[PDB]
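Beneath this line is the structure, given in structure tokens, with notes to follow.
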Amino acid sequence: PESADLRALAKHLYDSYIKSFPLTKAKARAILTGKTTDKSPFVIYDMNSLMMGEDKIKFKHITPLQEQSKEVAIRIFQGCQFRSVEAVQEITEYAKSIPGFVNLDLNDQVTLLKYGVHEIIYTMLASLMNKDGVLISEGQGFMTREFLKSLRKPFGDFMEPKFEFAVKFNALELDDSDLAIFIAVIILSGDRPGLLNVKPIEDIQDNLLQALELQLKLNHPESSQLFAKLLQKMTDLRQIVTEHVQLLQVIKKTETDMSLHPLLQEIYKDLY
Amino acid sequence: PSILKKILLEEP
Ligand SMILES: CN(CCOc1ccc(C[C@@H]2SC(=O)NC2=O)cc1)c1ccccn1
């Protein structure tokens, strides 16, 4: 039957996911709880600890310090920006691994990513979150929810909606194999604005959706309507990307000291 | 000008 093909698709996606995303949910949960037995992320809970562990790495990542003169809120907000930039590239790599994606019209590929990357970023952000904080720098750091919320307006609440989403989403207990297919389904959304050829996209998504359904039935036998609940989360993620686009407008009304990374400028352009 | 297009076109 075609069920075997659906399991092969699910496995292929999982393997690609492992290859594309350095910090898996499995590894994240281990850190957030206990088993790291090697990690021990630096905890940032206030201004003092922030200074102390401004990632601490002398600074090996690209773009040295000197990001200074800019207040804490702006620096943290820009840090999230560069994280997204990295994430967009990991996600693009992943999307190109989905059977049929690279054969789609190139402009539609751009459109699918443009409208899909943030939805995926917030989905995976949940993997690194618990009710008290979020892992940063591949688990080398942990910033508390309370700290992020203490940031001056309008920065003190850009993370709050994500944490709220995460708590409910994580309650569903999806694992990396589930997430790989879930993410693929989000990317292949035929209702993105401006798509040229909707049919080929829907064909691919219908198959991914069947694969997701079977994956949930086998991997979460006793989870009633997990599939139905998951589809709903799809629409919720939509709301977060729009809710965030707003706060991003209120921000450019006061700080002409922000400046958005070119890749994010392109993605946000005429998004919503 | 499209960075996404460029990233999509590079050899995996
Ligand atoms: C609090 N953390 C965890 C990461 O948390 C994230 C929150 C939001 C996003 C989406 C970005 S934020 C924006 O305005 N546009 C975007 O694309 C991406 C990641 C930090 C803080 C400093 C450095 C690195 N990590």
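Numbered from 1 within each chain, the chains take letters A, B, ... in sequence-line order. The figures that follow rest on heavy atoms only: side chains count, while hydrogens, waters and symmetry mates do not. Just so you know, ligand 1 is whichever comes first in the structure, and atom 1 is the first atom listed for that ligand.
As for ligand 1, the drug there is rosiglitazone.
Structurally, the greatest contact with rosiglitazone (ligand 1) is made by what UniProt calls Peroxisome proliferator-activated receptor gamma. With a cut-off of 4.0 Å on heavy atoms, the other chains touching rosiglitazone (ligand 1) are A.
Only side-chain heavy atoms of A/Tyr122 come within less than 4.0 Å of rosiglitazone (ligand 1); its backbone N, CA, C and O stay farther off. Rosiglitazone (ligand 1) has A/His118 within reach: a non-hydrogen atom of the residue lies less than 4.0 Å from it.
Every atom of rosiglitazone (ligand 1) is numbered from 1 in the order shown, and the set under 4.0 Å from a heavy atom of A/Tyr268 is 13 (C), 15 (N), 16 (C), 17 (O).
Contact annotation for A/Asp55 and rosiglitazone (ligand 1): no heavy atom of the residue comes within less than 4.0 Å of the ligand. The PDB header gives the source organism of chain A as Homo sapiens. Among the atoms of A/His244, some N or O lies under 3.5 angstrom from an N or O of rosiglitazone (ligand 1). At the heavy-atom level, UniProt-annotated rosiglitazone binders of chain A within 4.0 Å of rosiglitazone (ligand 1) are as follows: A/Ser84, A/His118, A/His244, A/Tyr268. Mapped onto UniProt domains, the residues of chain A touching rosiglitazone (ligand 1) mostly lie in NR LBD.
Contact atoms of rosiglitazone (ligand 1) toward A/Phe77: 14 (O) (distance under 4.0 Å to a heavy atom of the residue).
Measured on heavy atoms with a 4.0 Å cut-off, the binding site of rosiglitazone (ligand 1) is A/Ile76, A/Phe77, A/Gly79, A/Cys80, A/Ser84, A/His118, A/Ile121, A/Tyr122, A/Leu125, A/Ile136, A/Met143, A/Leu148, A/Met159, A/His244, A/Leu248, A/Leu264, A/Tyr268.
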Do any nitrogen or oxygen atoms of rosiglitazone (ligand 1) lie under 3.5 Å from a protein nitrogen or oxygen, and which ones?
unit_1	atom_1	unit_2	atom_2	d
rosiglitazone (ligand 1)	14 (O)	A/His244	NE2	3.0
rosiglitazone (ligand 1)	15 (N)	A/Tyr268	OH	2.9
rosiglitazone (ligand 1)	17 (O)	A/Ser84	OG	3.0
rosiglitazone (ligand 1)	17 (O)	A/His118	NE2	2.8
rosiglitazone (ligand 1)	17 (O)	A/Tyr268	OH	3.4

